[PDB]
Amino acid sequence: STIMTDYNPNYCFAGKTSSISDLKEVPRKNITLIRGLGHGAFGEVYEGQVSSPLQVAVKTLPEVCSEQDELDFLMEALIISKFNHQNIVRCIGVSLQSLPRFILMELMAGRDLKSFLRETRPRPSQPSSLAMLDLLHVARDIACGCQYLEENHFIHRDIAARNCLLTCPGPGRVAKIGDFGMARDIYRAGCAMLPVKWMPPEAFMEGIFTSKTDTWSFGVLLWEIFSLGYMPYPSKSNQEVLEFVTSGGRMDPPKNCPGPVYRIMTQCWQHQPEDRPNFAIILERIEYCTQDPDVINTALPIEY
Ligand SMILES: CCn1nc(Cl)c2c1-c1cnc(N)c(c1)O[C@H](C)c1cc(F)ccc1-c1nn(C)cc1C2
């Protein structure tokens, strides 16, 4: 591990330092790959087992990779390993002393939130598959994770449905923040890869990131949730969104979205960061919506 060894990056979370030394190295002989889950931008993801063996998701580092790719992978390992919260995916450990290198994560049987929403959309095949309360529970779960990050001074920078996972498809599902790749890239120090549709004006104009960055992104996630997994700003390109948002344009409510839920989105999208709610206030507003019969009795649209 010459690149990881020679540099040995520090990682600082909640004012505690950690290094490669602190990662739980799992012996490679204890790790079995079961199936491919596809690939991200870089590296494959597998279902695997560690040892009633632990069910894991295995993120792999390609053996053909840059010095920068190696440190990026190490940083991702340190970031996820240092979190302790019910709404952030657990890291079981790593296997960095064998090739390809592995990060071992909690297997989230519900898969990514974006896929979950698109595939669990109410249909004639399943009329009451999902209700307004299920969506408010997903929103609460991710807001709880976001509140944990906020109170530990960690800025996620890409709160989006694509970066969230579900413990299971059925009732009792818990949503968690599952990917920290954007946070990893900045810690390490083009525009067509920036998640501009999730970014407030000060982020894409000035490169200014605060916890009010995540508040804005959470508003967009709420839209993704209540739309049942539509792409934000339907039919707009990245530059069209940049111009629309920087000129005060905001998304319309999703189909059948209750007013109280839409109002949480519109507060998340205040132009000035100081006018946006912190995650404690977002959680309170989500909790009030879950109490309101006129919210939770609202029918979701049935896709034909
Ligand atoms: C039931 C397995 N499964 N199936 C699907 Cl689809 C997915 C998962 C799965 C389950 N758990 C975990 N931890 C997991 C994946 O982690 C990865 C790194 C991840 C993390 C994320 F925040 C978002 C997406 C993915 C992901 N990437 N790819 C290629 C697929 C998936 C989803």
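Here, residue 1 is the first one in the sequence, and each next residue gets the next number. Below, all heavy atoms of this structure are taken into account, side chains as well, without hydrogens, waters or symmetry copies. Each ligand, and each atom within it, is numbered from 1 in the order the structure gives. So this one's X-ray crystallography, 1.6 Å, going by the header.
Most-contacted chain for ligand 1 in this structure, per UniProt: ALK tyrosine kinase receptor. Among NVL-655, BMS-214662, AZD0364, the compound found at ligand 1 is NVL-655.
Scanning all protein heavy atoms for the shortest distance to atom 14 (C) of NVL-655 (ligand 1) gives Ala57 CB, 3.7 Å. Residue-ligand proximity: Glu47 is placed with every non-hydrogen atom at 4.0 Å or more from NVL-655 (ligand 1). Counting the atoms of NVL-655 (ligand 1) from 1 in the order shown, those under 4.0 Å from a heavy atom of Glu106 are 11 (N), 12 (C), 13 (N). Protein heavy atom in closest approach to atom 4 (N) of NVL-655 (ligand 1): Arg111 CG, 3.5 Å. Looking at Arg162 next to NVL-655 (ligand 1), no N or O pair under 3.5 Å apart turns up. In this structure, atom 31 (C) of NVL-655 (ligand 1) has no protein heavy-atom contact shorter than 4.0 Å.
Looking at atom 15 (C) of NVL-655 (ligand 1), its nearest protein heavy atom turns out to be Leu165 CD2, 4.0 Å. The protein heavy-atom contact nearest to atom 11 (N) of NVL-655 (ligand 1) is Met108 N, 3.0 Å. The UniProt domain of chain A that supplies most contacts to NVL-655 (ligand 1) is Protein kinase.
In summary, the atoms of NVL-655 (ligand 1) found under 4.0 Å from a heavy atom of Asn163, numbered by their order in the structure, are 22 (F). Among all protein heavy atoms, the one lying closest to atom 8 (C) of NVL-655 (ligand 1) is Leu37 CD1, 3.9 Å.
Rounded to 1 Å on heavy atoms, the UniProt active-site residue in chain A nearest NVL-655 (ligand 1) is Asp158, 9 Å. Within 4.0 Å of NVL-655 (ligand 1), counting heavy atoms, one finds these UniProt ATP-binding residues of chain A: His39, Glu106, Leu107, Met108, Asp179. Atom 22 (F) of NVL-655 (ligand 1) has as its closest protein heavy atom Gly178 C, 3.0 Å. Those atoms of NVL-655 (ligand 1) that come under 4.0 Å of a heavy atom in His39, given as number and element, are 29 (C). Ranking protein heavy atoms by distance to atom 27 (N) of NVL-655 (ligand 1), first place goes to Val45 CG2, 4.2 Å. Residues touching NVL-655 (ligand 1) within 4.0 Å, heavy atoms only: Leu37, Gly38, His39, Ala57, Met105, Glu106, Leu107, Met108, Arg111, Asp112, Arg162, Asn163, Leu165, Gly178, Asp179.
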